[PDB]
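First up is the structure itself, then whatever we jot down about it.
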Amino acid sequence: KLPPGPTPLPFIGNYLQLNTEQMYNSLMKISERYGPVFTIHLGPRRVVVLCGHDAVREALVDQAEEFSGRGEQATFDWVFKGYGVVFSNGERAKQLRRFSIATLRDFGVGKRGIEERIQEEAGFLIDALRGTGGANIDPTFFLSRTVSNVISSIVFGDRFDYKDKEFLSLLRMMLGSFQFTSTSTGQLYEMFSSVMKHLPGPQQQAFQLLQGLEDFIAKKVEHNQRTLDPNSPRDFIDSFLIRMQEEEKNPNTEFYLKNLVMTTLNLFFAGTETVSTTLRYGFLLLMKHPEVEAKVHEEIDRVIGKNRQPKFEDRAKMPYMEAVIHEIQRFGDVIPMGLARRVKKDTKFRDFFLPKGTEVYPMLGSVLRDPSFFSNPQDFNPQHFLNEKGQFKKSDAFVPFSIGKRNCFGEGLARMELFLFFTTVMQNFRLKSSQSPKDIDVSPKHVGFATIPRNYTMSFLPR
Ligand code: HEM
Ligand SMILES: CC[C@@H]1C(=O)OC[C@@H]1Cc1cncn1C
């Protein structure tokens with residue numbers, strides 16, 4: 001009645017059929033044997049795995065409500081503990097998601113206000129890149145510093161200074177723990193956390209980075225508290241603190257300190273690392289494909305010129321750039337196995353029975369590479385998103401933000417950011433790699449919770 005799967009063993013589950021370094025390939029390999037909907041045992045964790053566009057959409061959209069539970073990610077769980085918008089369920093989820101979305105729009109998200117803040121931050125990126133003077137640099141932290149400062153404005157009320165030493169450490173905490181969950185040990189940790197949380201190893205260093213992140217947010221919330229102005233909130237924290245006061249006499253409130261810290265961390269973390277990873281990966285692809293870089297240039301120069309900052313609406317007259325960013329997001333597949341769902345009630349899903357509470361892995365990468373939707377899914381080709389007339393072409397299999405009732409509500413911000421950061425950088429610079437285009441390796445460094453591109457250095461050269 002449960003979907004079919006390989007026969008597990010007590011405690012280790014499907015250990016023998018799973019290569020923890022490449023969980024994605026391991027899971028896809030077994031679906032070729034059992035079909036697109038199958039059961040797996042990640043140690044004692046029983047998970048139903050959804051592969052391909054059809055399986056994922058049918059579950060997460062067509063049976064949207066039944067599949068709207070949030071599952072676990074054991075590493076982030078160590079810090080969040082089911083608190084915060086991301087890992088919440090039921091009433092907690094309802095309240096915090098609703099609140100978060102509204103307060104984000106209230107601070108400019110999806111509006112003129114945050115476009116300007118992205119624009120301003122992009123100029124600061126251009127300045128920093130200008131300052132390198134075309135030298136061979138690691139782009140990692142130039143990018144993350146810029147991305148992070150958009151969401152930081154919303155939640156903390158101001159950007160960090162680029163020379164802020166603490167800001168860099170915050171960014172390292174985010175990079176290191178994100179990377180960890182993408183490694184072989186990280187993915188083993190998803191199977192065996194009940195043991196591994198108490199053992200020495202890479203898990204502990206990731207925990208202490210998560211701890212550093214929690215500590216800063218806690219600290220920021222306290223400062224905000226002692227200086228709070230109930231009539232004029234400066235940031236996301238303030239709005240949340242204001243609601244906490246309004247709800248002090250409701251004993252079943254979801255608005256209390258721990259949910260504040262964790263939601264704030266959720267957004268600071270998700271609002272920094274993913275766009276940063278996507279950008280980092282984008283530029284590596286662009287250097288691998290010099291001819292794609294040239295069309296991006298051709299379009300930018302013809303549509304925007306050189307004398308003004310790119311803006312969000314330039315999107316509509318830039319089908320190629322839109323296709324390029326989509327392909328980067330499709331190819332880069334930053335969240336390859338989505339973020340775990342779970343069934344809200346006993347569920348009938350296409351001839352299978354899934355008991356209430358059953359965890360679900362929506363294999364987002366398998367949709368992004370679904371051969372029914374993209375002609376050459378393993379290649380980087382912006383034509384995946386283009387008409388024969390050269391106009392932009394939507395895809396139902398373009399699901400990097402996932403789909404359904406618990407989909408990424410940072411999508412708006414992220415789309416704007418990607419459009420602005422990519423265009424403004426490509427407008428002002430051309431890219432020079434350390435190695436020859438043929439020698440560049442755009443295969444991932446790590447694939448686990450996230451897809452991480454290999455470490456590289458590069459030059460940003462003025463046009
Ligand atoms: C390229 C950029 C991004 C990608 C690819 C991405 C991807 C994802 C994915 C795959 C999920 C799981 C959705 C699901 O459960 O079906 C998710 C959830 C989430 N993301 Fe993003 N994200 C991005 C940027 C952002 C940003 C900028 C923010 C904050 C402004 C953000 C905040 C969140 C939150 C709060 C959730 C959980 C929503 C919930 O549980 O209700 N993300 N994201
Ligand atoms: C680590 C970032 C977010 C968090 O706090 O816990 C899980 C979540 C993952 C995520 C959501 N949107 C983008 N990412 C990378």
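The first residue of the sequence shown is numbered 1, and numbering continues consecutively from there. Values below: every heavy atom of this structure, side chains too, minus hydrogens, waters and symmetry copies. Order of appearance sets the numbers: ligands from 1, and atoms from 1 within every ligand. This deposition comes from X-ray crystallography, 2.1 Å.
PDB records name the drug found at ligand 2 as pilocarpine. Of the chains in this structure, the chief binding partner of pilocarpine (ligand 2) is, as UniProt puts it, Cytochrome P450 2A6. Contact atoms of pilocarpine (ligand 2) toward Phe87: 6 (O), 7 (C) (distance under 4.0 Å to a heavy atom of the residue). Here the shortest heavy-atom distance to atom 4 (C) of pilocarpine (ligand 2), taken over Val85, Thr75, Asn266, belongs to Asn266. Of all protein heavy atoms, the one closest to atom 3 (C) of pilocarpine (ligand 2) is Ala270 CB, 3.9 Å. Heavy atoms of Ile335 approach pilocarpine (ligand 2) to within less than 4.0 angstrom. In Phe449, the part holding a heavy atom less than 4.0 Å from any atom of pilocarpine (ligand 2) is the side chain. Per UniProt's substrate-binding annotation of chain A, a non-hydrogen atom lies under 4.0 Å from pilocarpine (ligand 2) in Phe76, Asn266. Nearest protein neighbour of atom 8 (C) of pilocarpine (ligand 2), counting heavy atoms only, is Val86 CG1, 4.2 Å. Among all protein heavy atoms, the one lying closest to atom 14 (N) of pilocarpine (ligand 2) is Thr274 OG1, 3.4 Å.
With non-hydrogen distances under 4.0 Å, the site around pilocarpine (ligand 2) consists of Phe76, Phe80, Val86, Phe87, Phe178, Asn266, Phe269, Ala270, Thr274, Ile335, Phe449.
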Distance dump, pilocarpine (ligand 2) polar atoms to protein, N/O, under 3.5 Å:
| unit_1 | atom_1 | unit_2 | atom_2 | d |
| --- | --- | --- | --- | --- |
| pilocarpine (ligand 2) | 5 (O) | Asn266 | ND2 | 3.0 |
| pilocarpine (ligand 2) | 14 (N) | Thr274 | OG1 | 3.4 |

